[PDB]
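Lab note: Proteasome subunit beta type-5, bortezomib (bound form) bound.
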Amino acid sequence: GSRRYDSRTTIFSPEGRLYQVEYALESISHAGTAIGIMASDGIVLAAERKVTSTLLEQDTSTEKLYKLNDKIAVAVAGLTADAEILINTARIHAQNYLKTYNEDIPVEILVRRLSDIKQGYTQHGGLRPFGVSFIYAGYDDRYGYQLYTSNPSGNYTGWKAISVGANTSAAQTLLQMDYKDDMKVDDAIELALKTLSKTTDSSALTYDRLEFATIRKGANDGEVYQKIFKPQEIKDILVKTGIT
Amino acid sequence: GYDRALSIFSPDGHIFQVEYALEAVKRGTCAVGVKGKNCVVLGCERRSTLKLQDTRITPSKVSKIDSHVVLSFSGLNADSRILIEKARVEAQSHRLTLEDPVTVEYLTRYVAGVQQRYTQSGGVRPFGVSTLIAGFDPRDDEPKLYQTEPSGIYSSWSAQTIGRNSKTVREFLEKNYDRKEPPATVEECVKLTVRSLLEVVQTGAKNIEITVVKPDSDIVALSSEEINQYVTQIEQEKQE
Amino acid sequence: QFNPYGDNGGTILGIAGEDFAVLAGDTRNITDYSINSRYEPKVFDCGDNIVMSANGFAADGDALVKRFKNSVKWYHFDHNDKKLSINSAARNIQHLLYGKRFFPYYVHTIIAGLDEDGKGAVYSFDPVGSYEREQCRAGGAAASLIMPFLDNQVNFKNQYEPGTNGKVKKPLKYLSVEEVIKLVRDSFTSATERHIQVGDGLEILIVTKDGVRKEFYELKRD
Amino acid sequence: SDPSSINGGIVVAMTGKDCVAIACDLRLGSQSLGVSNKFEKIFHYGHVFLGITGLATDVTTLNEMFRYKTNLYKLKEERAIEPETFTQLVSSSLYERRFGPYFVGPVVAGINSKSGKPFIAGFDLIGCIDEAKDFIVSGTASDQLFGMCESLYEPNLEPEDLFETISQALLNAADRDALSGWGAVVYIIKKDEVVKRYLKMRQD
Amino acid sequence: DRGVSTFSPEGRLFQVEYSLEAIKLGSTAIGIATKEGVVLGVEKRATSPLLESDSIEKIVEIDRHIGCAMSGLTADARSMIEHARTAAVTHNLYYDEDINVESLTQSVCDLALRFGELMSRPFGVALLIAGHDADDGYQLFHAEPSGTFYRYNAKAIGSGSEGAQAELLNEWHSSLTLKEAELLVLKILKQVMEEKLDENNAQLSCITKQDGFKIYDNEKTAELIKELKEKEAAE
Amino acid sequence: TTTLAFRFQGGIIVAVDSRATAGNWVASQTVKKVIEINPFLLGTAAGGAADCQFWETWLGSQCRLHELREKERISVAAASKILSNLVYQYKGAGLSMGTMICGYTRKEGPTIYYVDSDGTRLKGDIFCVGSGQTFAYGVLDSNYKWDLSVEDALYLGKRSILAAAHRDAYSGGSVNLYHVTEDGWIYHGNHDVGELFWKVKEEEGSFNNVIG
Amino acid sequence: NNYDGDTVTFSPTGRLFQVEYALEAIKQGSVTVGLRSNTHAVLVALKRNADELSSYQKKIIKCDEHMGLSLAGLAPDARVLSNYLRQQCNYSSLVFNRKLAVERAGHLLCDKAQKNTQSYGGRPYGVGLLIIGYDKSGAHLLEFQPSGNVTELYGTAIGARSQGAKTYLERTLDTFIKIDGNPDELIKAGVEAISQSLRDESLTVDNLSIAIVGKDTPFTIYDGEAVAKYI
Amino acid sequence: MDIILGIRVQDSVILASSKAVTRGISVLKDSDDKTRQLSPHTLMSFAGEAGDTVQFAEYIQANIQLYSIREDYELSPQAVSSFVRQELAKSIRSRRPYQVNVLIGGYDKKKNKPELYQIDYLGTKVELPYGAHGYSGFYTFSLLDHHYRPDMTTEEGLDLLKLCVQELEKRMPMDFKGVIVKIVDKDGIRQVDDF
Amino acid sequence: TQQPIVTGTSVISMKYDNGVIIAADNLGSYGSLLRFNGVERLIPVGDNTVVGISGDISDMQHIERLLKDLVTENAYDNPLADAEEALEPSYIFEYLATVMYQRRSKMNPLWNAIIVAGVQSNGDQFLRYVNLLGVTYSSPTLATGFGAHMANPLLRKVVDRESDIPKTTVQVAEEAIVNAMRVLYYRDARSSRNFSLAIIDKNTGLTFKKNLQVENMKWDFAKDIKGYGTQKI
Ligand SMILES: *[B]([O])([O])[C]([C][C]([C])[C])[N]C(=O)[C]([C]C1=[C][C]=[C][C]=[C]1)[N]C(=O)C1=[C]N=[C][C]=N1
Ligand SMILES: [Mg+2]
């Protein structure tokens, strides 16, 4: 019957590893590098678009940075189509919580929910896992500014600074070197761009090959503003930091 | 629905999927449990390969199931959340119907039953997780410490360890733990738990987590400095 | 509007002796003011030395007896031909009745036989399954006519010993099978006189350690 | 017994020259018992304003529901929903409960951000759209509001004049209804400024 | 791969035969039936000295008149015990009586072959079901994952089963007392066990008509062990 | 129906009548309205006979399963809540039940729970349930103390049922007495009202209204 | 070989190996004999024990007052099929007030076993059955194979060494068919028939199992000292 | 059941609930506590149809306690009240609706403010300085309208509450056997044992 | 739950020494309108059973189809379908009785009253009743609707108890049935003159008589009846 053709996506290897999860992580390692850096007064999200074209309409394009709600955003690394499935689920979960409790969802709760969905695909259903790794950048009134990451296994962890996708080993070493606890957003912006500029496989880092975003309390009085950077605004911050 | 039998017997009478789930536990960070005369202590290893971590928000290794029971684990982290969630739901369900919190044995029996169910259900793989469940029964001052594993078997332990290099720390506990006279105080019990982890951990900095559970829902997690004082005193006595 | 219930009249009577038990019932079957049948058996041998009757709505009565007879059959299959005791049969019938708690079998059920010590036994049920072991019970249309007579003549209620004047009760001496059958016949003859749904014939099933015997007697056909 | 008149209340909306106005009373009651004098019935999602009369539990539920839907709209569309589009969303959402409806009387008001055109609309409990040029009324004193609006209203009123007209329409209608009153709020809406005014009225 | 419900060329179900191998790896359990009662005994087999042995529960009560011992993948037995307890109590509810030991065993064995592609595999545990009823008196059954059950005068299952069965072959007779049966289980357990038999690594239990099913205390078993040592040294 | 139960120094007293009626017709005078759930638990029966019988013997099965699974006697609180949660599932369907779940455990002491087909579950010291509950309450409330002897408490319960048997048309037949202590319940006989009334009247000097 | 992984696969020569492997389980089972006359029908079954402490596995199952069978192979599969027969016999009685015909009982078993041979996931039954009964057309004997094939016979035998008993019955055909109104002699012939399949072991009091049904004889099973008469 | 009151003062929320339980013609109990602690700083009183009240209260209690354990964090009174409202709003269009009215009194530790919410069985939520369910409000709201002041102390709140209970005992036909009073403030929940 | 629309009236029957007789008129009424005048309400099953049906005609036609289908099904894999394993009256009845009680239990009844008349394999007379409620009973005489009130009294004068059956011949029994049909025509406002009669004898088999009429009617005395009391002309 049909058993003959079943790949069995949710089994252990003799070493106690999940085949499909490991192979999904291998896929993600070829995706464009995404970086998240958390500062005292905000969070930075920086990401590299993969080998673009001059004929790509950049100003209406979005492959890396997505908005989950007004307080929380994510950077993507892996299959974009897979990520959008999860992103729409996450957007709904945040709205369910808001409807139930009349309060914005705490960042960790949203992260745990998406991470639990990913876990399910590794334990039951016989389906392939989502080939996606997220960097969550968000704010709430309990823990303040927070950075998380999740991967196809459904495991998630918190970070001060973190990278996903390609060249994470090199990127993480550079972040570990220059990161300090009393750092500010403007400094973190510079660190994020400098790290991408050194780890990139491209010849030079330009505005058309980047997506950038900040989450600042730099909003008029006690509140939080999300800023998805425009192409011209990425070009300006590249000149300001002295990369172009 | 996906009905495929993933956990099945082999010619030599082994269920490889359950056995490979134990290998995932072997890979996981070390966890240890020691019960004294009037307390239980849960020690856990944090691998220092991950720095630049945010320890405020990172999921802690020891999880409260109820105000009087805790659960630590070794193995797949994502899998452990599912068992913890089910256990927490069952704990509140027990309070709701029986009008009494769960006994540590009951909660262990439930978690163990879930693990077993995943070894002979279609379309699912076993949990790659072993747990240490510790606490005190309601209105009882006798310490309780139980262990579970992917197959679904469970049992009570005077002291026990699970995870990577658990063979070494179990060796330590077997010679150092006396049944006729267990750690009489909190200090003695914590000291013995930190000592056992120091056989395996590497550095005694942010790599050791300790959680003390006392009777009547008295649970507290020790800080870095408090643990560091135990690490200092142990090695100074060792220099002799 | 459709009414799923009807009333087929009739009356039944169970009496437990010291080492025997009887279950009697008239053979008339009716709707409204018409006679359907002058001889329609109502008390049934269900095997394992148990007799049963479900009086009231005959369709529900037949359905229940049919299902209990079935339960006896499967009890033998599932438990190595073990004899179904009267107490076990009673509890089983409770579950059959309560299983239709919200659309009841519209019947008054009585079973009779011997208990495990060999003594006579009668059990009585309401439509939704409540039951109780009794020494004496009449059921159905003329139950209100017969029960008081049985309180008086079987349990010697309101009877005392001459000379003492209300001080000493009449002693509860046991009744033979010949004495019980006399009381059954008189009960039904009296019921036939004053209740229009009772008559035609009387069929009695007697249960002893030897088995199940039958006796039939003519009743007034008006 | 009648769900639409247990809690009581009213909403009214009007168009003016380059502006719209929406107003409501503040009462929530349990039949004859007055419970709350702070129960506002006007909500807003971006620049689109929604007033809802009727059963209060449904008023709350629908607000939470449209907040839910307009937030997802904005994330996907990358722009705020417009009054014309929102009107269709309300109609769709109400009709899906055709044979188990929310017992409400919604009213949409706002200015289209692109065309600048003033827009108002009303609905019945099951979705039917009433898109009037002049004014929309809703609630337990809808008859009273119709009478006030039909006599007081004139087209092309300036914002500060429109405020007086709508305020007098609400106040005098509420005072002829037992289940309306206990305070009132008026929103004056222009293309890029919105003023909110609480009215002093009789508290019986 | 291959079907879970597949027959081998010899006419045996692969999965059932493989589960029997898992049972051979399990700890020893012995049952002996007499006219005065039925005795059940097990090897606890703790993996480490730090493991509190009294928490090892390989002898289990199903009802007041039925007990049960297990051998193999003991986690698999929990749902079987739950079903047995439910069946026993349910029958009492429906029929106002105790359930026959054979009927209880049959109910448990009906679960056995409910596997396919229902549960994903057979049970990896064998059971010794001992009890008493009025019809057939004191009884001992051996319930396998094949769905088959045999009644026994005496039976051993687990790792030391064929050695123990041969010993039971010689020792059992129809006039055995309860005391004689208790000592006989202890004798045979001590013979096949790896570690030295004591009250902490071995457990006794019995079922009588009067007192019902009872798990023995460690103090009570310790005396029977001491009584055994002396009578073996007596000749 | 008249059933009562009350806590006191010597444990719990449970007393019930025996009558069952269908309209004005007296269907039975020998009804067992107390149920022996186990050697430590008792349940009283008022309202629908079948509902009470069926679900209380069912309750005994659930209690037996609990102590098989948990190796421990079920608490009165847990036993009562199993029954109250069950009837709550059937709420609206038409079940008719008024019951007391009476018992003693080490952790609770003597405990009584009123459980009812509307879903009501109440812990308390004194309860009277049934058509003749008001008559029983009169005698109980005026004579109740915590410091009653087992002998005196038993009589008070017997007397309170008698009071209701007399006045309430739908109560009567006979009185069943139970006494629940540290070591379980103890049955204290069937007392026919036809003999008990005249005995109490003569000895107690009560019921001077009636002629004898 | 490559075509025996499941029941849904024909081999190149048109064989169903999983069905054939199920047939093999019957040959491993203990011997049982069936025979009939015009008035009575008899089942004789050699019960098998695990060892000397064990009991002798029961081989005969009652389905109705007028019908029953003996089994050889997987006993749990016989329980499933006998339970199905019990239900079908019972449906016929409750709905139609009609005792189920033995021939129609065979047709129902055939169709139940067949579905398991044509569908993926399931498996064939691993047991063979000998059904005896007395209905409106007199005494009957059927032989059931888990391939689905059901056959009405005067006499037969299935299980290990069943060929010896089957040959004896083939010789005795003209004699035992005429044994009318004599149950003891018909059983004698059945006991003598099963004896042709014995090696090493002989028929003891707890070894032998006999069942009979006839004109004025309900289906009854004889075990223990009740069969000592025929040893 | 019958009477449940609530009043929010400067630094606390006070809930008063009747002790009587009546089934038909008899008062079966005169010491019943018509409240459940949802979290250390949140208390819910309830009144409605028999059985439904307790079943609903304990069901809510279990859900909030589950949240507290999962997140190791106490939900705000506003958040708890919204969860409760949604359950009742869901319930009203069910096969058999929960016939329960509630008051939720809580102290928000973040804002350092007491909060009182009134929710009926339809799922109608309102935040109030003082509230009541059933016929209680018909007597007590006039007194509270006069006497209430937003900055009363807890002692002043209890005195104003005594004036409400005295009026109820004078003019209501039903004997509700007095009230159990509970205070919710920064330090948690406590019961006034003499009232 | 429904209401009957097109309806059939009385079915009458009785036992005699060697068999059973059954009869029913050929009318299908639509309320007070005598709509359909050619409706056969006796339906034979094999050569040993006749099922007489009263009540709703649409439900009768459904039952007719069930019986037709029952014969077909019984023949399947049945070499003795026309012999030892043929359909008995008792089998046919029990089947219908099962269906009737099942349908009343789903609150969607077949709105009929049915009499199954026939002779068994051993020659025994079979006569049993079943209706929309699933109520069943047997008697030497059976009748539905108005027949119960008017026919039974007349037929019970011939066979009053079981012992009167051997003493009753086929000629005497048929005479009683035909008279009863006449009486029903006099007194039942939803009856017709035309009817069908069926005899099932253990010797001569099934005799099915169609197009029978009520004859020998007394009406002449009507001419003398004038007014309602005092009127003379
Ligand atoms: B008691 O009066 O509530 C009594 C207790 C019951 C357990 C036997 N109930 C009844 O007698 C009821 C009728 C009733 C009378 C008054 C109040 C409530 C109910 N009778 C029955 O349930 C019943 C059962 N079988 C036959 C006749 N009546
Ligand atoms: Mg009469």
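In what follows, chains are A, B, ... by sequence order, proteins preceding strands, each numbered from 1. Every number for a ligand or one of its atoms is a count from 1 in the order of the listing. The displayed model is a subset of the deposited entry, and contacts were enumerated within the subset. Method of determination (from the header): X-ray crystallography, 2.8 Å.
- Put simply, copies of bortezomib (bound form) show up as ligand 1.
- Other chains with any heavy atom closer than 4.0 Å to bortezomib (bound form): C, F.
- Source organism of chain F in the entry: Saccharomyces cerevisiae.
- What the entry calls chain C is Proteasome subunit beta type-6.
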